[PDB]
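What follows is a model of Protein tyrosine kinase 2 beta carrying bound BIRB 796.
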Amino acid sequence: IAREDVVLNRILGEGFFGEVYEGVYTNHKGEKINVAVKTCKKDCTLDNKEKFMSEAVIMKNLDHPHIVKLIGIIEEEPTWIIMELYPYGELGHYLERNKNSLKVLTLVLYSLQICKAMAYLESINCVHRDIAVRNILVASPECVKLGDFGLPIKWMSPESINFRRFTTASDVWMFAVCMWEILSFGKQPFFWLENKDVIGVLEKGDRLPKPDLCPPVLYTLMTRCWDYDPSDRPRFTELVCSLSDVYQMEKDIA
Ligand SMILES: Cc1ccc(-n2nc(C(C)(C)C)cc2NC(=O)Nc2ccc(OCCN3CCOCC3)c3ccccc23)cc1
């Protein structure tokens, strides 16, 4: 990818190594693709440059339908990592704007798609550590994609809060919090608490209540993901099966 093919529009945020810009990449076909362009401060250490670069090296290998996509890297200074964006933005904000028209089936679909992404990550023993609607892009009305754009106490498992332990089992907890967000049309988990109060509530056995539109069977699955004991939470691999069941049940009802 040639730098002249990428036009930057505005700053999206301050990344860990430098600003992230929104841009338009015009490919060889002349079609315009929305992109996020990550940059790296010039005066960084060699180790930090290597870390910056590693995202490109890693993400080149990801081609899952529900994981975000690397468009390319321009290695020449200033080094840019170019990621694919879509018209619709973050899922959180998409749910907020479309709450009056989204059907429960679609909310279960998004949940299932993110679960499939996580079953892939689980297969290579990779941990996300930050599963939430803010980390999900809407590629189309029928397709969401999991990313990592950026402690999230209100999403975290008790072992992550208490010991900073993060495993696939702690990801399953967070994923069920993410499901709760989706079925709540983007509401923030424990918005009625301060971060400091969260562990006390979880320790005493309290949990996020069932979202109004959430099917009871799906809520039961969420609660299993929120078992205090990490060993009692389902694997993502099996949760795909359970969520597929809920989807088919909801499709039939429809
Ligand atoms: C070293 C390293 C290695 C791997 C990763 N990594 N790993 C994952 C998995 C776990 C899902 C596979 C995802 C990522 N990285 C990312 O997802 N990086 C990205 C960061 C910021 C972005 O845009 C920010 C701007 N934001 C986008 C959403 O809309 C509002 C603005 C992105 C926008 C589109 C696509 C990717 C983006 C990360 C770092």
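Residue numbering for chain A follows the PDB entry; the residues present correspond to positions 420-569, 587-690, in that order. What's counted below: heavy atoms across the whole structure, side chains too, no hydrogens, waters or symmetry copies. In each ligand, atom 1 is the first atom listed, and ligand 1 is the first ligand listed.
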Identify all ligands or chains assigned to BIRB 796.
-> ligand 1
Most of the contacts with BIRB 796 (ligand 1) on chain A come from which UniProt domain?
-> Protein kinase
Find all atoms of BIRB 796 (ligand 1) within a distance of less than 4.0 Å from any non-hydrogen atom belonging to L565, and give their numbers and elements.
-> 11 (C)
Proximal candidate to atom 4 (C) of BIRB 796 (ligand 1) [heavy atom criterion; set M537, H483, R548, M478] | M478
Would you kindly specify which portion of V487 sits under 4.0 Å from BIRB 796 (ligand 1), judged on non-hydrogen atoms: side chain, backbone, both or neither?
-> side chain
Source of chain A according to the entry = Homo sapiens
Take atom 19 (C) of BIRB 796 (ligand 1) and look for protein heavy atoms under 4.0 Å from it; say yes if you find one, no if not.
-> yes
N or O contact, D567 vs BIRB 796 (ligand 1), cut-off under 3.5 Å = yes
For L556, counting its heavy atoms only, list the atoms of BIRB 796 (ligand 1) lying under 4.0 Å from any of them.
-> 28 (C), 34 (C)
Name the UniProt ATP-binding residues of chain A with any heavy atom within 4.0 Å of BIRB 796 (ligand 1).
-> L431, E503, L504, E509
Any atoms of BIRB 796 (ligand 1) less than 4.0 Å from a non-hydrogen atom of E503? List them with their elements.
-> 34 (C), 35 (C)
Record the part of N554 in heavy-atom contact with BIRB 796 (ligand 1) below 4.0 Å; permitted values are side chain, backbone, both and neither.
-> neither
At a non-hydrogen distance cut-off of under 4.0 Å, which region of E474 contacts BIRB 796 (ligand 1) (side chain, backbone, both, or neither)?
-> both
Among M502, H512, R553, closest by any non-hydrogen atom to atom 35 (C) of BIRB 796 (ligand 1) | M502
May I ask whether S473 places a heavy atom under 4.0 Å from BIRB 796 (ligand 1)?
-> yes
Any protein heavy atom under 4.0 Å from atom 26 (N) of BIRB 796 (ligand 1)?
-> no
Would you mind telling me if BIRB 796 (ligand 1) is within reach of the side chain of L481, the backbone, both or neither, using heavy atoms under 4.0 Å?
-> side chain
May I ask whether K564 has any heavy atom positioned less than 4.0 angstrom from an atom of BIRB 796 (ligand 1)?
-> no
Find, among UniProt active-site residues of chain A, the one closest to BIRB 796 (ligand 1); state the minimum non-hydrogen distance to 1 Å.
-> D549, 8 Å
Write out the residues of other chains lying under 4.0 Å from BIRB 796 (ligand 1), heavy atoms counted.
-> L431, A455, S473, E474, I477, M478, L481, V487, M502, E503, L504, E509, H547, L556, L565, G566, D567, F568
One line per pair, note the atom names and distance for all nitrogen or oxygen contacts under 3.5 Å between BIRB 796 (ligand 1) and the protein.
unit_1	atom_1	unit_2	atom_2	d
BIRB 796 (ligand 1)	15 (N)	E474	OE2	2.9
BIRB 796 (ligand 1)	15 (N)	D567	O	3.4
BIRB 796 (ligand 1)	17 (O)	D567	N	3.0
BIRB 796 (ligand 1)	18 (N)	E474	OE2	2.8

